[PDB]
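Structure showing paromomycin engaged by 16S ribosomal RNA.
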Amino acid sequence: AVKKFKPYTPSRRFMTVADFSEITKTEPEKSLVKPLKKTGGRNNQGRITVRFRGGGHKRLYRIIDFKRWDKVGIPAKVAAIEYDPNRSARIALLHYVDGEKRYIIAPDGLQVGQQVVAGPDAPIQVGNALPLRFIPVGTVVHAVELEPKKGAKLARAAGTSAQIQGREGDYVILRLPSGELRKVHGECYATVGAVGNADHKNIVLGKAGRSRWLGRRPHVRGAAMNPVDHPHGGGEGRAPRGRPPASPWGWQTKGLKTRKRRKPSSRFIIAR
Amino acid sequence: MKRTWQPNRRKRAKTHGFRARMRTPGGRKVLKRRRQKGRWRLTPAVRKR
RNA sequence: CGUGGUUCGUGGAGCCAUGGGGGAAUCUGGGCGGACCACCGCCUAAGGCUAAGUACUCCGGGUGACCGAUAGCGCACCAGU
RNA sequence: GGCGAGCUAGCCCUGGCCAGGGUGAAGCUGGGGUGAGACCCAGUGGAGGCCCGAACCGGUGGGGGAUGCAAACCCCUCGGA
RNA sequence: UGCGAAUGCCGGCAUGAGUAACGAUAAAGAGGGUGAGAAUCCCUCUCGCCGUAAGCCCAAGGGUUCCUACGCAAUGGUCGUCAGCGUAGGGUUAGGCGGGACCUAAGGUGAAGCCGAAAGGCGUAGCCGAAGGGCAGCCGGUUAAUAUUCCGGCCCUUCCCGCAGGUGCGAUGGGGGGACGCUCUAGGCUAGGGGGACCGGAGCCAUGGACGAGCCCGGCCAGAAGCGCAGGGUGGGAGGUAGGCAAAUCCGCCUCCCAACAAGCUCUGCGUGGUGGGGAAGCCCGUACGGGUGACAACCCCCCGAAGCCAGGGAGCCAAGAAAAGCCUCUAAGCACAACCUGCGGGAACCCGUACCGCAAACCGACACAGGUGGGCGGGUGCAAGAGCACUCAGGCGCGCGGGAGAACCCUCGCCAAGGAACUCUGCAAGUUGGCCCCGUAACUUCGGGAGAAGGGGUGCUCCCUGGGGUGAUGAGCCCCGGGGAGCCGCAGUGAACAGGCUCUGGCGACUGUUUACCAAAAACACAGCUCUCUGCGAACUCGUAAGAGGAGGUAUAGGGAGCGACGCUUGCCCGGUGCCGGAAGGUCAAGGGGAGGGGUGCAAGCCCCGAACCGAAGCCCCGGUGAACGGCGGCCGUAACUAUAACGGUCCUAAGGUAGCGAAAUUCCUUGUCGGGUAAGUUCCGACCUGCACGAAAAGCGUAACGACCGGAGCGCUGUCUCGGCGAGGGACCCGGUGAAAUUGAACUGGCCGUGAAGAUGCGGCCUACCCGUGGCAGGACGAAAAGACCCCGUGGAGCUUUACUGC
RNA sequence: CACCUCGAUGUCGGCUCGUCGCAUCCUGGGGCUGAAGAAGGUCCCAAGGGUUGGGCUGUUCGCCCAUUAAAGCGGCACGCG
RNA sequence: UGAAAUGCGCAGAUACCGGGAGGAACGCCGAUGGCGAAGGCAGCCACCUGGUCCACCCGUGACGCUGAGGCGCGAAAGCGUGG
RNA sequence: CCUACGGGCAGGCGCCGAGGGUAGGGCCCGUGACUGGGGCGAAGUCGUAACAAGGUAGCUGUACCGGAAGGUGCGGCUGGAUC
RNA sequence: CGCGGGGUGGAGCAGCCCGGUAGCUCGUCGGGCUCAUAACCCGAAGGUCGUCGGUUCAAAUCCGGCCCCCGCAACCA
RNA sequence: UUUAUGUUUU
Ligand SMILES: NC[C@@H]1O[C@H](O[C@H]2[C@@H](O)[C@H](O[C@@H]3[C@@H](O)[C@H](N)C[C@H](N)[C@H]3O[C@H]3O[C@H](CO)[C@@H](O)[C@H](O)[C@H]3N)O[C@@H]2CO)[C@H](N)[C@@H](O)[C@@H]1O
Ligand SMILES: [Mg+2]
Ligand SMILES: [Mg+2]
Ligand SMILES: [Mg+2]
Ligand SMILES: [Mg+2]
Ligand SMILES: [Mg+2]
Ligand SMILES: [Mg+2]
Ligand SMILES: [Mg+2]
Ligand SMILES: [Mg+2]
Ligand SMILES: [Mg+2]
Ligand SMILES: [Mg+2]
Ligand SMILES: [Mg+2]
Ligand SMILES: [Mg+2]
Ligand SMILES: [Mg+2]
Ligand SMILES: [Mg+2]
Ligand SMILES: [Mg+2]
Ligand SMILES: [Mg+2]
Ligand SMILES: [Mg+2]
Ligand SMILES: [Mg+2]
Ligand SMILES: [Mg+2]
Ligand SMILES: [Mg+2]
Ligand SMILES: [Mg+2]
Ligand SMILES: [Mg+2]
Ligand SMILES: [Mg+2]
Ligand SMILES: [Mg+2]
Ligand SMILES: [Mg+2]
Ligand SMILES: [Mg+2]
Ligand SMILES: [Mg+2]
Ligand SMILES: [Mg+2]
Ligand SMILES: [Mg+2]
Ligand SMILES: [Mg+2]
Ligand SMILES: [Mg+2]
Ligand SMILES: [Mg+2]
Ligand SMILES: [Mg+2]
Ligand SMILES: [Mg+2]
Ligand SMILES: [Mg+2]
Ligand SMILES: [Mg+2]
Ligand SMILES: [Mg+2]
Ligand SMILES: [Mg+2]
Ligand SMILES: [Mg+2]
Ligand SMILES: [Mg+2]
Ligand SMILES: [Mg+2]
Ligand SMILES: [Mg+2]
Ligand SMILES: [Mg+2]
Ligand SMILES: [Mg+2]
Ligand SMILES: [Mg+2]
Ligand SMILES: [Mg+2]
Ligand SMILES: [Mg+2]
Ligand SMILES: [Mg+2]
Ligand SMILES: [Mg+2]
Ligand SMILES: [Mg+2]
Ligand SMILES: [Mg+2]
Ligand SMILES: [Mg+2]
Ligand SMILES: [Mg+2]
Ligand SMILES: [Mg+2]
Ligand SMILES: [Mg+2]
Ligand SMILES: [Mg+2]
Ligand SMILES: [Mg+2]
Ligand SMILES: [Mg+2]
Ligand SMILES: [Mg+2]
Ligand SMILES: [Mg+2]
Ligand SMILES: [Mg+2]
Ligand SMILES: [Mg+2]
Ligand SMILES: [Mg+2]
Ligand SMILES: [Mg+2]
Ligand SMILES: [Mg+2]
Ligand SMILES: [Mg+2]
Ligand SMILES: [Mg+2]
Ligand SMILES: [Mg+2]
Ligand SMILES: [Mg+2]
Ligand SMILES: [Mg+2]
Ligand SMILES: [Mg+2]
Ligand SMILES: [Mg+2]
Ligand SMILES: [Mg+2]
Ligand SMILES: [Mg+2]
Ligand SMILES: [Mg+2]
Ligand SMILES: [Mg+2]
Ligand SMILES: [Mg+2]
Ligand SMILES: [Mg+2]
Ligand SMILES: [Mg+2]
Ligand SMILES: [Mg+2]
Ligand SMILES: [Mg+2]
Ligand SMILES: [Mg+2]
Ligand SMILES: [Mg+2]
Ligand SMILES: [Mg+2]
Ligand SMILES: [Mg+2]
Ligand SMILES: [Mg+2]
Ligand SMILES: [Mg+2]
Ligand SMILES: [Mg+2]
Ligand SMILES: [Mg+2]
Ligand SMILES: [Mg+2]
Ligand SMILES: [Mg+2]
Ligand SMILES: [Mg+2]
Ligand SMILES: [Mg+2]
Ligand SMILES: [Mg+2]
Ligand SMILES: [Mg+2]
Ligand SMILES: [Mg+2]
Ligand SMILES: [Mg+2]
Ligand SMILES: [Mg+2]
Ligand SMILES: [Mg+2]
Ligand SMILES: [Mg+2]
Ligand SMILES: [Mg+2]
Ligand SMILES: [Mg+2]
Ligand SMILES: [Mg+2]
Ligand SMILES: [Mg+2]
Ligand SMILES: [Mg+2]
Ligand SMILES: [Mg+2]
Ligand SMILES: [Mg+2]
Ligand SMILES: [Mg+2]
Ligand SMILES: [Mg+2]
Ligand SMILES: [Mg+2]
Ligand SMILES: [Mg+2]
Ligand SMILES: [Mg+2]
Ligand SMILES: [Mg+2]
Ligand SMILES: [Mg+2]
Ligand SMILES: [Mg+2]
Ligand SMILES: [Mg+2]
Ligand SMILES: [Mg+2]
Ligand SMILES: [Mg+2]
Ligand SMILES: [Mg+2]
Ligand SMILES: [Mg+2]
Ligand SMILES: [Mg+2]
Ligand SMILES: [Mg+2]
Ligand SMILES: [Mg+2]
Ligand SMILES: [Mg+2]
Ligand SMILES: [Mg+2]
Ligand SMILES: [Mg+2]
Ligand SMILES: [Mg+2]
Ligand SMILES: [Mg+2]
Ligand SMILES: [Mg+2]
Ligand SMILES: [Mg+2]
Ligand SMILES: [Mg+2]
Ligand SMILES: [Mg+2]
Ligand SMILES: [Mg+2]
Ligand SMILES: [Mg+2]
Ligand SMILES: [Mg+2]
Ligand SMILES: [Mg+2]
Ligand SMILES: [Mg+2]
Ligand SMILES: [Mg+2]
Ligand SMILES: [Mg+2]
Ligand SMILES: [Mg+2]
Ligand SMILES: [Mg+2]
Ligand SMILES: [Mg+2]
Ligand SMILES: [Mg+2]
Ligand SMILES: [Mg+2]
Ligand SMILES: [Mg+2]
Ligand SMILES: [Mg+2]
Ligand SMILES: [Mg+2]
Ligand SMILES: [Mg+2]
Ligand SMILES: [Mg+2]
Ligand SMILES: [Mg+2]
Ligand SMILES: [Mg+2]
Ligand SMILES: [Mg+2]
Ligand SMILES: [Mg+2]
Ligand SMILES: [Mg+2]
Ligand SMILES: [Mg+2]
Ligand SMILES: [Mg+2]
Ligand SMILES: [Mg+2]
Ligand SMILES: [Mg+2]
Ligand SMILES: [Mg+2]
Ligand SMILES: [Mg+2]
Ligand SMILES: [Mg+2]
Ligand SMILES: [Mg+2]
Ligand SMILES: [Mg+2]
Ligand SMILES: [Mg+2]
Ligand SMILES: [Mg+2]
Ligand SMILES: [Mg+2]
Ligand SMILES: [Mg+2]
Ligand SMILES: [Mg+2]
Ligand SMILES: [Mg+2]
Ligand SMILES: [Mg+2]
Ligand SMILES: [Mg+2]
Ligand SMILES: [Mg+2]
Ligand SMILES: [Mg+2]
Ligand SMILES: [Mg+2]
Ligand SMILES: [Mg+2]
Ligand SMILES: [Mg+2]
Ligand SMILES: [Mg+2]
Ligand SMILES: [Mg+2]
Ligand SMILES: [Mg+2]
Ligand SMILES: [Mg+2]
Ligand SMILES: [Mg+2]
Ligand SMILES: [Mg+2]
Ligand SMILES: [Mg+2]
Ligand SMILES: [Mg+2]
Ligand SMILES: [Mg+2]
Ligand SMILES: [Mg+2]
Ligand SMILES: [Mg+2]
Ligand SMILES: [Mg+2]
Ligand SMILES: [Mg+2]
Ligand SMILES: [Mg+2]
Ligand SMILES: [Mg+2]
Ligand SMILES: [Mg+2]
Ligand SMILES: [Mg+2]
Ligand SMILES: [Mg+2]
Ligand SMILES: [Mg+2]
Ligand SMILES: [Mg+2]
Ligand SMILES: [Mg+2]
Ligand SMILES: [Mg+2]
Ligand SMILES: [Mg+2]
Ligand SMILES: [Mg+2]
Ligand SMILES: [Mg+2]
Ligand SMILES: [Mg+2]
Ligand SMILES: [Mg+2]
Ligand SMILES: [Mg+2]
Ligand SMILES: [Mg+2]
């Protein structure tokens, strides 16, 4: 669902919040596996390399399992579903029969107390991981490896997913959450299901502050600047751009393509 | 109203101190310059303990 | 091929050096005498060392058609205070 | 070529501070309502870049000060809290 | 090598001038003392001022300022016998407080490693790094000056050694734990406070009365074990085991079995506790203070009561809230006549800090500067509460020039007949309003608001009756909330202090918020939210020569860039140009390949040069697409059976000729457009029209409740704003004593008029007027002062910025 | 026009305070009248004094309301920061 | 298409074959038929589920009809959020 | 003051009270720059939507567009001519 | 009076550079189709080129003056 | 597959 609020202040009026009923007991997270401490800095060494960041709630890092082949054939029970502040998705805490503990990014529908496992063995029901080669064409799956053993990279975002479109040689063809068609090696793990908590896209920060809590500091338009600061600075009386719309550093920000032209990657693609 | 000097003994040593001068080659040169002029103090005097 | 050095700012541009590419020979070998060619000459690259004559004045000394306390060093005096 | 973020701006780690009033969201419990509901009413509850207002943070209008008490201050007033 | 000028440079001394000032308007008076000298030093008494401080205790920073003796040249805004000043002497005592022989944070540094012309930059571990974690001292007494430091009492820590008892002992390694948010909170306590008819106590009865259950003062502090009341923390067995980078008997997971409760086991807080310690007023002394007694002091009941403690308590919420060591456990080597554990005993416990100032005369501000500076304590009464306000304890102060006088004028205040915005750019300013309780409250609305709407009533004291709550008992007291009735007094009862004036109607911005430190707080920025665009992850993008890093330990519901800016209803047409996007052709196109063919020189083999076809990228050309990409979105002429006007037509151009909706507007030049409304009267304001100089749709269009120290218009209220001033107060001004500046200054023996003059004369001409010198006053002149005009030009001066200027990176 | 002034001659309007000119707005005295009277017109003399309060706009100025004997024009660095 | 033109196509179209992607609608059966209160409902399968008819003459005993308000359904277009 | 005085009267205070005042609401009527459409008025303008298949069958709810009638999309009705 | 563009049958546009002839759509007139009008078809008429002067052999055209028209400019002050 | 229209009153 989602939480709305009576307008008992302005901005409590438009504010929408996450529906946390999905979250099995939680409140304190799980030390041991996670958290580590999160070094919370907004710049590289010395200097700001990404604008308008900083502030926002102190945040512990749950350390999550992106290589499932790590324990093949060992099953595990889903102990809890918890809130993880470092991602849009939610994490499942799962107890292996080894008595080993891992967090997994929690797929849609995976429910507490269900057996989960990974390997080529791998029942094709939800929350299970397999090399892509053994997942049946047409199945919707998440947390893909882009190259084998390198760890899950694709479709980790709240409610994201990828479909398996076909197979070619040792590679299989995915349609990624973006709509790009990509070949990915067969030996790459993935995990059946979509990511879940897809209502994520519909929350409404509601007010200046809520954007601060998330570590997001005010973003100022070139238009509002001086020409020293930006292509769009100056003139005032406001102004149209007066040139092709640009970034602070001068490149065109409407339409100009970016991806490096000659890229080895380039040969495994096929879409938008 | 709050002025520019807000002395803090730890700052002063950590900033203009003898050891801080010796890391930076820029600083080793200050010491060299100061020493050659025969300044009685190569480094701001600081104190306590 | 790209540059530097020389008086040489591409110039007829050699010489010396060399970032890149190709890439030898050992006296009947190789470099040079200002593009190149012939002739005639000079010299032996791709290892190293080498006093003296030369430069300077923190330091000591001797001199002054040098100053003489607003001068002469910033400081003749407990001043790089 | 150095020296500066002991002022100021942003951020990072770690601590601290916000009298006292006011309004009374959700949710709960009960009651009614219905096929079941939506829902309505109470009571409880105690949310909010909510309200009033000290500390604290400000610097709105005016007056004064103008070789000042002050190289930005003082009084009255006012904004957040 | 000769100085008069350079707003020259260095110095000295003048001018203003005995002029301004002497630094908060909290405030002083007298008596005595000291002394060469006293408003200023000491002491007494009276008066005033702080008291969520202007009192007290920490931390910074300061670094002798501390205490005492002797001093007054200078410093002190006057004086000084005094001092934070001169001289000298003293003064800072810790196993337990802080910090270090502990830990880790950001960050720093950095074996390995990586990178860089050199300098150097990165960087895992490690190391450094604290107001965080960890760790054992409480009360009182002593000094002129230190005290959790010395002393006294009560109490603990670690290390070493030794005994006794116990156990597989053993770690930098495994595991537990340390360990964590915000808001709101429960129960019990403690600090703290108020009362007492009770206990203790010097004394006191005035001035009309009171010998009284009178007045006045005080009725505690710390304390091991044990004990009690609170509360925190924890399940206990067994079997399996493949995980916790070795190994675990530990932790983890699975299955059984007991408990489910704090029961227990603990650990804290509080109480009590052997004992130790304090202990008023007043009076007597002596100060320069402290000391005697009060005393064998008393030492108790009740109430209020934390934001503090039990603490890792609980509940709710989303934005989801350090680490490491100490600590416990597990095992590994090893070693097990070791070791470790517990108890007792003896010994052993180092380095630094410790004075004083610390909201300020001792710190930052050149100053004994009305500024600035973090944490804790901060009593009492009343006022709804409170840290607010008034008075006030403790404690601390009267601010380091005084005395008079009673002018103008200024500042800061108080009052005002009648009027009541007539003032003015404007109600600027100041008035009004003002707390609580109750009654009562409209448009509109996003149903929350708008609301403190508006507008009213009440408000003190007295006696009587009376309902609940907390402690106590189910009671008395003492607290706490009230309710009803009858009276009393004044002009007035939140009797002083703190404490909104209100309404209507536009513009801009949705809102809280942000900003030009020191002339702009806004309609500017930001903001949730909408769109576009980039980006498949060694992402784009940013910083860096690099290594590396941020992005992100993120992954398209994510991240960068850009516009727009809640929300509502919407956002039209043009792709010709520019940009971007697509385009396996074609045109052009550099090096390079290629060498038809030519040239130099040789006897020649040759060496050496040019060099046409042709094959050669991107880019440009070229073809398409694209508007929430840069952007653009017409002209003339005619036409209706009154006239007007033109639904209609003609023609010229264009890539397309502006849709809706707005419109004399934050836009309208003409302009105070015209009409309506408000007003006695309206260049503004409100509503219309549309002839829009020169609106128009995400440099958004048009609206919108709420919000606003924004900007406009109007009314009520009420006023010294004003007609139009008056009086009054205090700080100055003025006179006297003390101290005593400043810019400015060619020199001066420095008048008016009409002329003249480089065109605005004290300075020249003519005339006029005029004894010498001051003091308080006003500003017309000295083209008064200040700043080598910021405007303007000029200089082949400079700088920031722009681009389809040039040229480069 | 570019003469003093760019090592500074502060610039509109208001307010306060005036002072002066007369080419007189009122009041006093006059001639002429197409002056019956009353009331005007027009010129002459005359600068003694007087010359209102509001609405609008920053405005000067104008327009307007209500009055008046009248609501005068100018100069004084568009008098006077 | 009336005829055409715009458009598309030598940058290799149309026509043809193979492969893939995606969305929408269900030919024949199909009827002048069936179901539903209505709006409406059409490939196939499964699950959940409404109405309705017939046979038997077994059970209740008038428990019925209609129905202002109320409540629910309601083609197409249209609106909000996401696809 | 009068008494036939445990009284009456004058007089004083109080409740309520016509109304007046202040403040804010609700209903109705009149009127208003301007503005919207409507009715009606022999022979003005533009077109031709409808009536015959109306020369695109018509109508319809809705949506968008356009000087005007109207046009077009979606679904619906036959109140559609035609072999 | 600053700079730029313009004035051509009845309307709207060409033609002007570079000389010599004035062209397009509409409108007008005559005739057709029609019962009739318009549409439609076949024919025709109509301009000294704002104006005066100049240049040339010849001027809508090149040049100068004046009259009108449209657009832009009027800044620091 | 080119068409539109027919002044008012009897
Ligand atoms: N009642 C007529 C309503 O309005 C319109 O009708 C109005 C107009 O359309 C109509 O105007 C007509 C016009 O159509 C027609 N083509 C020309 C005719 N002369 C006009 O007539 C009109 O104008 C003249 C004045 O000259 C009047 O005298 C005459 O009465 C009047 N109807 O006159 C009507 C006013 O009465 C609609 N046609 C009609 O459907 C609607 O119901
Ligand atoms: Mg670093
Ligand atoms: Mg650094
Ligand atoms: Mg979102
Ligand atoms: Mg922004
Ligand atoms: Mg700007
Ligand atoms: Mg900059
Ligand atoms: Mg720029
Ligand atoms: Mg710009
Ligand atoms: Mg502008
Ligand atoms: Mg501050
Ligand atoms: Mg300084
Ligand atoms: Mg420090
Ligand atoms: Mg610091
Ligand atoms: Mg020395
Ligand atoms: Mg060279
Ligand atoms: Mg050259
Ligand atoms: Mg040459
Ligand atoms: Mg050369
Ligand atoms: Mg040679
Ligand atoms: Mg060479
Ligand atoms: Mg080479
Ligand atoms: Mg040889
Ligand atoms: Mg040679
Ligand atoms: Mg030669
Ligand atoms: Mg060569
Ligand atoms: Mg040689
Ligand atoms: Mg020497
Ligand atoms: Mg001499
Ligand atoms: Mg000297
Ligand atoms: Mg000297
Ligand atoms: Mg001398
Ligand atoms: Mg020397
Ligand atoms: Mg010197
Ligand atoms: Mg010396
Ligand atoms: Mg530098
Ligand atoms: Mg700083
Ligand atoms: Mg800021
Ligand atoms: Mg506090
Ligand atoms: Mg119920
Ligand atoms: Mg608030
Ligand atoms: Mg407030
Ligand atoms: Mg202010
Ligand atoms: Mg101000
Ligand atoms: Mg002022
Ligand atoms: Mg002044
Ligand atoms: Mg001299
Ligand atoms: Mg001279
Ligand atoms: Mg001189
Ligand atoms: Mg004087
Ligand atoms: Mg004086
Ligand atoms: Mg004085
Ligand atoms: Mg005396
Ligand atoms: Mg004596
Ligand atoms: Mg005295
Ligand atoms: Mg200190
Ligand atoms: Mg000293
Ligand atoms: Mg002292
Ligand atoms: Mg002295
Ligand atoms: Mg003295
Ligand atoms: Mg003195
Ligand atoms: Mg002083
Ligand atoms: Mg003395
Ligand atoms: Mg001393
Ligand atoms: Mg001790
Ligand atoms: Mg201490
Ligand atoms: Mg310690
Ligand atoms: Mg040691
Ligand atoms: Mg450490
Ligand atoms: Mg480093
Ligand atoms: Mg290094
Ligand atoms: Mg510490
Ligand atoms: Mg600590
Ligand atoms: Mg300690
Ligand atoms: Mg103790
Ligand atoms: Mg003590
Ligand atoms: Mg905690
Ligand atoms: Mg409590
Ligand atoms: Mg007491
Ligand atoms: Mg007596
Ligand atoms: Mg007695
Ligand atoms: Mg006590
Ligand atoms: Mg076992
Ligand atoms: Mg193991
Ligand atoms: Mg609190
Ligand atoms: Mg606690
Ligand atoms: Mg808790
Ligand atoms: Mg360690
Ligand atoms: Mg063990
Ligand atoms: Mg062993
Ligand atoms: Mg001490
Ligand atoms: Mg102190
Ligand atoms: Mg202070
Ligand atoms: Mg303090
Ligand atoms: Mg001070
Ligand atoms: Mg002091
Ligand atoms: Mg002082
Ligand atoms: Mg000071
Ligand atoms: Mg403070
Ligand atoms: Mg109060
Ligand atoms: Mg308190
Ligand atoms: Mg106070
Ligand atoms: Mg006192
Ligand atoms: Mg003083
Ligand atoms: Mg009075
Ligand atoms: Mg008055
Ligand atoms: Mg009034
Ligand atoms: Mg106003
Ligand atoms: Mg103003
Ligand atoms: Mg005001
Ligand atoms: Mg009420
Ligand atoms: Mg309300
Ligand atoms: Mg009220
Ligand atoms: Mg009252
Ligand atoms: Mg009273
Ligand atoms: Mg009770
Ligand atoms: Mg009462
Ligand atoms: Mg009061
Ligand atoms: Mg008040
Ligand atoms: Mg108030
Ligand atoms: Mg705002
Ligand atoms: Mg605000
Ligand atoms: Mg400012
Ligand atoms: Mg500034
Ligand atoms: Mg200001
Ligand atoms: Mg503001
Ligand atoms: Mg300001
Ligand atoms: Mg960097
Ligand atoms: Mg780079
Ligand atoms: Mg990199
Ligand atoms: Mg990275
Ligand atoms: Mg990361
Ligand atoms: Mg904007
Ligand atoms: Mg648009
Ligand atoms: Mg359009
Ligand atoms: Mg169009
Ligand atoms: Mg275009
Ligand atoms: Mg195009
Ligand atoms: Mg284009
Ligand atoms: Mg071809
Ligand atoms: Mg090509
Ligand atoms: Mg070539
Ligand atoms: Mg070649
Ligand atoms: Mg190409
Ligand atoms: Mg193409
Ligand atoms: Mg354009
Ligand atoms: Mg007509
Ligand atoms: Mg007619
Ligand atoms: Mg037309
Ligand atoms: Mg108007
Ligand atoms: Mg405009
Ligand atoms: Mg205005
Ligand atoms: Mg208006
Ligand atoms: Mg326009
Ligand atoms: Mg605009
Ligand atoms: Mg736009
Ligand atoms: Mg906007
Ligand atoms: Mg608007
Ligand atoms: Mg504001
Ligand atoms: Mg006054
Ligand atoms: Mg006075
Ligand atoms: Mg003259
Ligand atoms: Mg003169
Ligand atoms: Mg003369
Ligand atoms: Mg004199
Ligand atoms: Mg005088
Ligand atoms: Mg003067
Ligand atoms: Mg001057
Ligand atoms: Mg100058
Ligand atoms: Mg210049
Ligand atoms: Mg230049
Ligand atoms: Mg001149
Ligand atoms: Mg001068
Ligand atoms: Mg006269
Ligand atoms: Mg005259
Ligand atoms: Mg007269
Ligand atoms: Mg007469
Ligand atoms: Mg005004
Ligand atoms: Mg005017
Ligand atoms: Mg003038
Ligand atoms: Mg003037
Ligand atoms: Mg003025
Ligand atoms: Mg073709
Ligand atoms: Mg049927
Ligand atoms: Mg039907
Ligand atoms: Mg069925
Ligand atoms: Mg039967
Ligand atoms: Mg029966
Ligand atoms: Mg009814
Ligand atoms: Mg429907
Ligand atoms: Mg539909
Ligand atoms: Mg009544
Ligand atoms: Mg028709
Ligand atoms: Mg039709
Ligand atoms: Mg037709
Ligand atoms: Mg039809
Ligand atoms: Mg029909
Ligand atoms: Mg329309
Ligand atoms: Mg039209
Ligand atoms: Mg139907
Ligand atoms: Mg033309
Ligand atoms: Mg032409
Ligand atoms: Mg001619
Ligand atoms: Mg300019
Ligand atoms: Mg017609
Ligand atoms: Mg007819």
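Chain identifiers are assigned alphabetically (A, B, ...) following the order of the sequence lines, protein sequences preceding nucleic acid strands; residue numbering begins at 1 within each chain. The structure shown is a partial extract from the entry, and contact counts are restricted to the extract. When a ligand or atom number is given, it counts from 1 through the structure's own listing order.
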Just need the ligand numbers or chain letters for paromomycin, all copies if there are several.
ligand 1
Return the chain letters whose heavy atoms come under 4.0 Å from paromomycin, other chains only.
H
Looking at the neighbours of paromomycin, which other ligands or ions sit under 4.0 Å away?
ligand 148 (magnesium ion)
Any idea which residues from other chains are within 4.0 Å of paromomycin, non-hydrogen atoms only?
H:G39, H:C40, H:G41, H:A42, H:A43, H:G44, H:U45, H:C46
